[PDB]
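Summary heading: complex between carfilzomib (bound form) and Proteasome subunit beta type-2.
Here is how names work: the chains are called A, B, and so on, in the same order as the sequence lines, proteins then strands, and each is numbered from 1. A fraction of the deposited model is presented, and contact counting is confined to that fraction. As the structure lists them, so they are numbered: ligands from 1, and atoms in each ligand from 1.
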Amino acid sequence: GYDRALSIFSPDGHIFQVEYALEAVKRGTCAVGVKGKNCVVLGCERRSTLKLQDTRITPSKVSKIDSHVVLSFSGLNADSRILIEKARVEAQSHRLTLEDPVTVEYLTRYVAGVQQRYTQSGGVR
Amino acid sequence: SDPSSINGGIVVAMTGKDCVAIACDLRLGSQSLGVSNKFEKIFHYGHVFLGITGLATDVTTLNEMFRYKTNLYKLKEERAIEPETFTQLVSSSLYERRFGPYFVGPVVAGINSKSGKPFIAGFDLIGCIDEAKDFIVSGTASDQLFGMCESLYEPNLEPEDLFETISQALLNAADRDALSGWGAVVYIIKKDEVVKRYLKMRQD
Amino acid sequence: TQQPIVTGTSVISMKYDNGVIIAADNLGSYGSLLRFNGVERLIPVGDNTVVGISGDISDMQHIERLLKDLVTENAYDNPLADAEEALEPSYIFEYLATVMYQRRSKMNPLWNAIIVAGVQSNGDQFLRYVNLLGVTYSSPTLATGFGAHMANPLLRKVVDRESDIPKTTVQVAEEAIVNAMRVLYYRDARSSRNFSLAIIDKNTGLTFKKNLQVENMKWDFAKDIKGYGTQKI
Amino acid sequence: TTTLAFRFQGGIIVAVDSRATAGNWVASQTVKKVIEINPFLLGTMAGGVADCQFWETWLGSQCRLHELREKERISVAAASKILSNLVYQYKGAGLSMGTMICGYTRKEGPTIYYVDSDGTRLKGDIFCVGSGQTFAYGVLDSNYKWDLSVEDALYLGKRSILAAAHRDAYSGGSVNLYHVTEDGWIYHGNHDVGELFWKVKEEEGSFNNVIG
Amino acid sequence: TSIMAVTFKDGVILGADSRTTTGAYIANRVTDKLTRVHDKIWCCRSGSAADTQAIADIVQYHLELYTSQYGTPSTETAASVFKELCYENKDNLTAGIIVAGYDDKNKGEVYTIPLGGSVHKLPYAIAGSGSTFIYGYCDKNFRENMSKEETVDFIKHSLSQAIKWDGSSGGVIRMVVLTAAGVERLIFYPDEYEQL
Amino acid sequence: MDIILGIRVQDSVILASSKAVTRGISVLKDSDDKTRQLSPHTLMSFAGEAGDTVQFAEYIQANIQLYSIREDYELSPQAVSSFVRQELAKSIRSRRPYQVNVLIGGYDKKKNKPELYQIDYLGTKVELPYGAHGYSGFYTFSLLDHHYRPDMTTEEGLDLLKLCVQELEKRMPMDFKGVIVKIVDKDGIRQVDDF
Amino acid sequence: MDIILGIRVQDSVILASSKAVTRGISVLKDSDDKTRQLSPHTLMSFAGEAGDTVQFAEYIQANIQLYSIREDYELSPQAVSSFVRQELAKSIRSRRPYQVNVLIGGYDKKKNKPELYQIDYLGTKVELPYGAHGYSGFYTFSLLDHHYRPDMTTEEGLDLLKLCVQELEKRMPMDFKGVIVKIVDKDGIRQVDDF
Amino acid sequence: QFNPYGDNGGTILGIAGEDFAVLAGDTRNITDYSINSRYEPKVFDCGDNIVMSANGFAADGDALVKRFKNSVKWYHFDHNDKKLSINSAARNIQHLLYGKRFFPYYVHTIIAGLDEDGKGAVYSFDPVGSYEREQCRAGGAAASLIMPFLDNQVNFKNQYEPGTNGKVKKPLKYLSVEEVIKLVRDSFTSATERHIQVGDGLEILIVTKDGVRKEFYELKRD
Amino acid sequence: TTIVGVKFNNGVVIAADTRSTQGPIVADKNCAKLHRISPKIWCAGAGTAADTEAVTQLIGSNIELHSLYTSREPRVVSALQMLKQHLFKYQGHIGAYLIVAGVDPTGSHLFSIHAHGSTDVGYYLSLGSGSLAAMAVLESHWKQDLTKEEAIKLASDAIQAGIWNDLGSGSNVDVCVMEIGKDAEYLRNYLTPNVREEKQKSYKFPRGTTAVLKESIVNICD
Ligand SMILES: *[C@@](C)(CO)[C@](*)(O)[C@H](CC(C)C)NC(=O)[C@H](Cc1ccccc1)NC(=O)[C@H](CC(C)C)NC(=O)[C@H](CCc1ccccc1)NC(=O)CN1CCOCC1
Ligand SMILES: *[C@@](C)(CO)[C@](*)(O)[C@H](CC(C)C)NC(=O)[C@H](Cc1ccccc1)NC(=O)[C@H](CC(C)C)NC(=O)[C@H](CCc1ccccc1)NC(=O)CN1CCOCC1
Ligand SMILES: *[C@@](C)(CO)[C@](*)(O)[C@H](CC(C)C)NC(=O)[C@H](Cc1ccccc1)NC(=O)[C@H](CC(C)C)NC(=O)[C@H](CCc1ccccc1)NC(=O)CN1CCOCC1
Ligand SMILES: [Cl-]
Ligand SMILES: [Mg+2]
Ligand SMILES: [Mg+2]
């Protein structure tokens with residue numbers, strides 16, 4: 001198996017691969033979240049250099065993780081699908097064992113834990 | 001389906017100074033289910049006492065059989081049967097069913113009216129006589145009774161003291177056995193008086 | 001899960017004032033067939049330990065190879081291999097006891113009963129038993145198979161407890177062993193006349209006696225025995 | 001064993017005996033068959049002692065890890081399901097367990113779950129578990145009402161174990177009582193059947209089958 | 001057991017070891033397996049000790065009652081009575097018996113009766129668990145019309161080997177000579193026969 | 001066959017017996033009377049192996065009726081119970097034993113007392129204030145230990161019996177289709193039609 | 001576990017499932033719901049080995065719910081039934097197979113038709129107008145062969161179902177403590193509270 | 001077919017006092033009807049004032065003691081030479097036993113020592129790891145003989161105050177070390193009389209705050 | 001059980017231990033295993049206890065009737081023949097293992113009988129679970145031309161070997177000497193090397209310790 005440590009420290013105490021991953025987020029389309037007194041709203045930008053698009057079938061920017069939680073993102077589109085899939089599976093697993101849907105904090109903690117694991121595992125970016 | 005441990009129960013006997021004692025519990029059950037708490041296991045034919053443990057139907061049958069036989073004995077002999085002689089009769093009757101036996105553990109106790117000597121005996125299911133100076137045990141808690149008797153017993157105990165020893169032997173043995181208990185009876189037997197006492201014990 | 005094929009019968013042993021004695025016959029039985037007659041079942045380890053083995057012979061030969069290899073491995077990087085860091089009887093036993101219990105726990109035992117006899121570096125007598133189940137015990141006298149039933153009673157008349165060990169000489173001890181072997185020839189149907197004996201003394205060391213025979217036997221009274229009950233001829 | 005627990009107006013009553021057996025040998029009369037998982041959760045034990053004792057104490061460790069991770073006490077449902085999912089993994093291997101997980105939480109209220117070694121998990125108001133469960137049911141069912149007082153409910157639980165202790169050969173020793181409220185579980189003492197039987201017989205006038 | 005019977009010029013000789021076992025324990029090391037059913041008609045017993053003894057006792061009773069009415073019975077007649085008991089009770093018996101006897105008309109004769117209860121007249125016969133190891137030896141060394149000394153040596157050497165290889169055989173070698181002269185008992189001890 | 005119960009009160013003996021007869025996965029009948037009158041003041045209920053039960057009950061009935069005619073006299077409940085026990089005690093060591101368990105309820109006219117006897121297929125006899133055969137006892141005995149008193153009336157005994165049937169209908173796995181109830185007292189034997 | 005029934009009528013599918021849970025000689029519960037909603041218009045009832053039943057039902061439930069979230073779309077009853085069959089077909093050659101029999105009732109919104117599937121623990125699937133698992137079928141199939149028509153209403157289907165339960169309560173040996181009834185149609189899944 | 005279990009006989013006994021605790025056991029070792037050794041100890045000092053005995057199949061017994069002794073050694077290495085309390089030892093032993101739940105150690109285990117308040121403590125285990133603290137326990141071949149005697153003499157079971165109409169029980173009290181040793185000796189002589197696998201010798205280990213003392217007594221050798 | 005028989009100059013001697021077992025439990029500590037068939041013919045019995053007593057009493061009864069019928073003292077071979085044919089008929093189901101010995105007009109005799117009905121002759125014999133321990137002693141110390149006192153010593157020594165080494169055997173040694181021309185002497189408890197030591201404590205209870213519910217006088221008279 002491919003083992004190489006890709007995410008490592010530099011002399012100044014930075015992990016460049018993690019910081020360069022932030023640059024990919026900066027390149028991505030804008031996404032905003034605002035919460036009111038009795039609601040939350042998620043807004044997302046879509047770039048207009050792409051005409052002749054089919055909006056029926058094109059992957060939407062906001063994804064349902066469960067019937068009560070949603071997830072939007074900024075950055076590499078392909079990478080986001082992997083996180084969304086893992087989150088959706090964990091959501092159903094939680095309902096199965098705890099007999100209660102996930103809290104938003106719990107779901108976030110899981111997704112964040114996956115992202116962290118990919119910063120100190122060999123052979124992955 | 002082990003005939004000797006379906007119903008449960010115990011019997012113990014002891015000797016003292018010019019006296020004998022025989023005791024038993026009152027339980028009759030069907031495996032885990034307790035059914036009756038009035039099922040006495042000690043019987044007597046004249047001055048000779050017989051205790052029987054094991055399969056309850058055979059306990060009843062053998063009592064009825066030995067009443068039958070001792071009644072005829074007395075009519076022909078014109079005297080009461082003695083413990084030594086009755087012991088031989090029990091042995092003969094059990095061995096007669098060698099290859100289809102009564103599933104029982106009998107115990108004889110009494111005082112010979114001629115000599116005055118205290119006498120006890122035990123048997124296995126096919127009739128082997130087990131004579132003893134000190135004590136005889138029988139039933140589903142025989143291991144427990146053997147341990148209690150071997151430590152508590154001393155020779156030449158007075159009737160009042162002997163009562164305490166045999167009662168404590170039975171009670172503490174019964175409480176370590178699931179199929180024994182639910183009450184107890186003790187018989188103190190002197191040359192020409194016999195006292196019967198019911199013991200207070202835990203009812204579980 | 002095994003069944004034993006070629007088998008060896010009793011191994012007997014005891015302690016005396018200055019050391020230990022051990023013996024076993026030279027037979028390799030194939031069921032009722034007395035197949036092999038030149039089989040040595042006492043195996044020395046150094047000049048201070050003898051291991052006597054009964055049961056399956058193929059498993060015995062495997063244990064021989066393990067002991068042989070243990071000597072080799074102990075000599076590696078060990079300047080004191082023939083002195084302070086030599087193999088003790090207690091080391092050899094504990095190794096075998098470990099193996100026997102591990103094999104039974106894997107449901108694939110070495111089908112044997114083993115007695116390790118020897119003298120320690122401080123002069124103390126060593127005698128301990130181990131079998132296919134991994135069961136271990138020690139006693140002034142030890143025996144396997146039929147020996148346990150017939151030899152032990154005879155050997156316990158000489159040494160009945162610990163305090164009888166200083167009062168027992170090597171002459172008296174050997175006499176009792178040799179007698180016990182004769183009794184086994186009379187009464188064990190898988191024994192032979194030929195046997196080996198080994199003495200380990202704290203002063204005179206290891207003495208290994210081969211090709212011994214059972215002698216001074218009583219058979220003459222057989223001529224007087226006729227029939228099985230009422231026959232007079 | 002005989003164990004029970006029932007739900008009522010004033011919370012949950014839990015009652016157990018204290019006998020342990022190996023065949024007909026009475027091995028102990030003083031065994032603890034209730035396990036205190038936390039101030040709001042209880043577990044009852046029937047079947048194999050080692051199995052029950054080992055895995056229910058394991059269950060407590062898993063419940064403690066939940067509240068450390070989630071900053072909140074575990075639900076009775078989630079606690080019972082950890083145990084039922086564990087024993088399901090071992091299904092066929094020969095584990096022997098009849099357990100009841102009892103407790104109170106805000107979202108659930110007073111709750112009882114039956115969990116056993118062949119994987120059965122059931123929510124319910126009344127359960128009796130063990131070799132003497134039928135004897136306990138007989139008394140409990142015939143005297144149960146939802147509107148029982150705390151005092152009367154405690155007694156009925158005690159009296160039901162006593163009934164089983166008397167008739168079942170593999171039940172006895174003493175009765176251990178527990179009451180579970182919105183504030184947590186409360187212990188209501190150890191009661192020896194040696195003294196309790198006669199006390200109940202005299203005061204109540206019951207047990208006329210026995211020689212007084 | 002190892003047992004055999006051999007005919008020769010002057011009559012017939014029976015031979016046997018003296019070992020009785022329970023598993024691997026020797027219950028008797030000086031057993032007599034050669035047993036009299038009539039003056040000059042004997043038998044070698046193998047198999048179950050209880051069965052063979054009970055059979056031999058019944059035969060001896062039959063031949064004693066035969067003699068009282070019809071005089072001395074033939075060796076064939078004796079074998080027939082053994083057969084009748086062994087065959088009709090084959091389901092309940094474990095007995096391998098050799099029958100041997102001396103007539104003046106018929107001289108020496110040997111009948112063997114295996115487990116099934118069949119009868120076989122032979123010049124010589126071997127049986128028992130130890131016999132398996134000496135089929136080769138006995139076939140190569142047996143001659144007809146041997147002398148007394150030659151026949152004693154043949155049986156001694158044969159049983160020696162049977163004993164050497166069979167764990168269920170051992171002890172002393174008992175023999176019984178049957179001739180016109182009478183009945184002679186011989187015994188041979190381990191120190192002699194082992195080093196042959 | 002399955003459920004048979006018995007309760008002895010002050011002045012009477014009450015027997016309750018299930019009405020169902022089931023073979024395989026089919027309830028063949030729901031009105032079966034599992035009892036026989038042995039004499040005017042003695043009643044026997046029964047349960048066990050198919051065929052054996054009725055064959056045994058009627059055999060006992062015939063023998064007791066024969067005795068009554070011969071002596072012009074009614075045997076006591078104690079005497080009848082002893083006869084039945086001995087017949088079962090003989091049976092257990094036969095080539096093919098009777099697999100039948102019975103309850104005998106009777107009123108002794110000489111003693112003016114009700115009597116209830118429980119006898120199993122081995123010939124194990126006991127006199128009891130209340131009794132049951134089979135799995136029924138695992139519920140009813142503990143219940144009766146609590147609610148039973150020795151000085152109860154017949155009406156009180158019927159209410160006590162309703163409490164047993166209700167519990168069995170709640171906790172028993174099989175549908176036994178209710179019970180037929182009969183009372184034995186000084187005036188003989190009668191059936192309760194509405195239960 | 002024991003009794004599960006299913007009937008497909010003109011515009012709906014009706015599932016009836018027994019409420020009893022019995023272990024040994026004790027009915028531990030009389031209000032057990034032997035079903036799980038897999039999706040808004042699909043319902044699965046189940047019966048079989050203790051533990052296996054609920055474990056299997058919830059495992060299927062989780063997988064179908066996962067699919068719904070991923071695709072934002074409801075799988076057809078036919079598609080769900082095929083997924084369930086394959087899982088049971090895998091199971092039967094495992095080290096320890098799931099011993100669970102199921103009925104799947106659903107309303108296909110694209111076809112505007114009700115559908116009922118019967119699947120056993122081996123993975124044997126069939127689409128049927130009416131179905132049953134276990135010993136229930138030995139009574140209900142012949143009954144439905146007589147009284148069932150394809151154009152019946154939901155109310156007619158409920159009366160037809162009452163006729164089945166009545167027969168089972170008359171002839172079945174065990175007390176199954178009644179049934180919970182649920183209807184699946186164009187408007188989803190609902191429970192009948194008074195049956 | 002190979003049978004991995006055997007029975008080595010013998011019996012063991014543990015009693016606890018106010019400031020002490022004893023663990024006794026006979027020295028006889030047997031297989032079937034033969035004696036293997038008249039003196040083969042099976043009660044061991046395991047360190048930290050904890051004594052232990054695992055009676056039944058000797059090979060499993062030795063293995064368990066060996067593993068617990070080693071568990072004490074590593075407890076010191078990993079937790080700065082901290083003393084392993086009797087309650088902690090008991091829990092650790094449950095895990096040792098239950099680890100082989102599906103191929104069990106065939107033994108009855110008893111440990112003895114002082115608790116953290118200095119008071120006497122006795123714990124007892126079944127073959128698969130259940131445990132319970134008690135004042136009193138007998139284990140092994142003669143357990144059924146000795147245990148009921150202990151209920152009567154240590155815990156005063158079935159004994160009432162004379163003249164009180166069986167209403168007042170005999171009050172519980174701690175026994176002196178002298179009185180306890182008397183009960184142990186009598187228990188084993190009685191067991192020797194009526195059980196064939198018990199005899200030869202008796203070895204008692206006493207545990208106080210001062211340490212672990214030994215006493216030996218002869219038993220009948222038949 | 002351990003039982004033996006030894007021949008000497010002018011007769012024969014037999015011996016036996018006195019332990020009776022019930023599994024691993026000692027039922028009787030001093031039971032008699034030496035049986036009288038006739039005055040000068042005696043029997044040592046091992047195996048099933050009820051069978052050995054019943055078979056010895058039946059043959060003993062028939063031997064007495066035979067003796068009276070023939071006006072002759074009974075012979076050992078007659079007892080032997082009657083025992084073997086009875087045991088054979090029952091195909092081993094009557095579990096009696098006997099050593100038969102005695103003196104009669106023909107001389108002194110020593111035989112053994114097994115349960116299936118086979119018999120053996122010998123100068124020295126041993127039966128029972130401790131027969132191997134006893135036979136080891138007999139094979140070691142037996143010689144031709146033993147005196148009376150030498151034979152008693154050898155026989156009791158062989159029984160002792162069984163007592164100490166066999167778990168099936170124990171307690172005391174019983175002996176019976178049968179010499180030609182003299183009465184047979186039955187030496188009950190010839191050796192008693194297993195006396196129970198003094199107990200450490202008296203377990204005499206204070207009067208009133210046991211709780212009582214009812215008292216009543218029992219009528220034994222007519
Ligand atoms: C009521 C009292 C009856 O079931 C309860 O159900 C209690 C449950 C409470 C205490 C948690 N159950 C028992 O007491 C339980 C019944 C039982 C027995 C065996 C298997 C399953 C259930 N008893 C036990 O678990 C006893 C506990 C005491 C201390 C002896 N343990 C044993 O019987 C052990 C271990 C059993 C075992 C399980 C799995 C694999 C192997 C073994 N067995 C022994 O100690 C062996 N035996 C004791 C008798 O002496 C010879 C050796
Ligand atoms: C050689 C040994 C083999 O051919 C000879 O044939 C001799 C014949 C001589 C003695 C006439 N055979 C034996 O010694 C014979 C071997 C034998 C064993 C079992 C069945 C058939 C043959 N041994 C015996 O007959 C002994 C004699 C006793 C010890 C004095 N008897 C037993 O071993 C009995 C036999 C019971 C029996 C079984 C089947 C058919 C008939 C009888 N068996 C036991 O006592 C069982 N024993 C219990 C303890 O465990 C070991 C076995
Ligand atoms: C030594 C001890 C063993 O080599 C001796 O051989 C002695 C012989 C003397 C006493 C004559 N043998 C015994 O002590 C003998 C051992 C034994 C056990 C079982 C079968 C054969 C031999 N003990 C007995 O025979 C006892 C005698 C009692 C203690 C007075 N009897 C039992 O143990 C009976 C055996 C009954 C039996 C029936 C059918 C076939 C064979 C044997 N068993 C019981 O009593 C056990 N159980 C008690 C509960 O009720 C049911 C029976
Ligand atoms: Cl023979
Ligand atoms: Mg109870
Ligand atoms: Mg002994």
Structural location of carfilzomib (bound form), copies included: ligands 1, 2 and 3
Heavy-atom contacts of carfilzomib (bound form, ligand 3) under 4.0 Å: other chains: B, I
Nearest neighbour in protein (non-hydrogen) for atom 50 (O) of carfilzomib (bound form, ligand 3): B:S4 CB, 4.0 Å
Deposit source organism: chain I: Saccharomyces cerevisiae
Closest UniProt active-site residue, chain I vs carfilzomib (bound form, ligand 3), non-hydrogen distance to 1 Å: I:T1, 1 Å
Heteroatom proximity flag, B:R98 to carfilzomib (bound form, ligand 3), N/O under 3.5 Å: no
Any N/O pair I:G128/carfilzomib (bound form, ligand 3) closer than 3.5 Å: no
Nearest protein heavy atom with distance in Å, relative to atom 25 (O) of carfilzomib (bound form, ligand 3): I:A49 N, 3.1 Å
Those atoms of carfilzomib (bound form, ligand 3) less than 4.0 Å from some heavy atom in I:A27: 29 (C)
Name of chain B in the entry: Proteasome subunit beta type-3
Nearest neighbour in protein (non-hydrogen) for atom 45 (O) of carfilzomib (bound form, ligand 3): B:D124 CB, 3.6 Å
Residue/atom in covalent bond with carfilzomib (bound form, ligand 3): I:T1 OG1
Site residues for carfilzomib (bound form, ligand 3), heavy atoms under 4.0 Å: B:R98, B:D124, B:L125, B:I126, B:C128, I:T1, I:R19, I:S20, I:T21, I:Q22, I:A27, I:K33, I:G45, I:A46, I:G47, I:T48, I:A49, I:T52, I:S129, I:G168
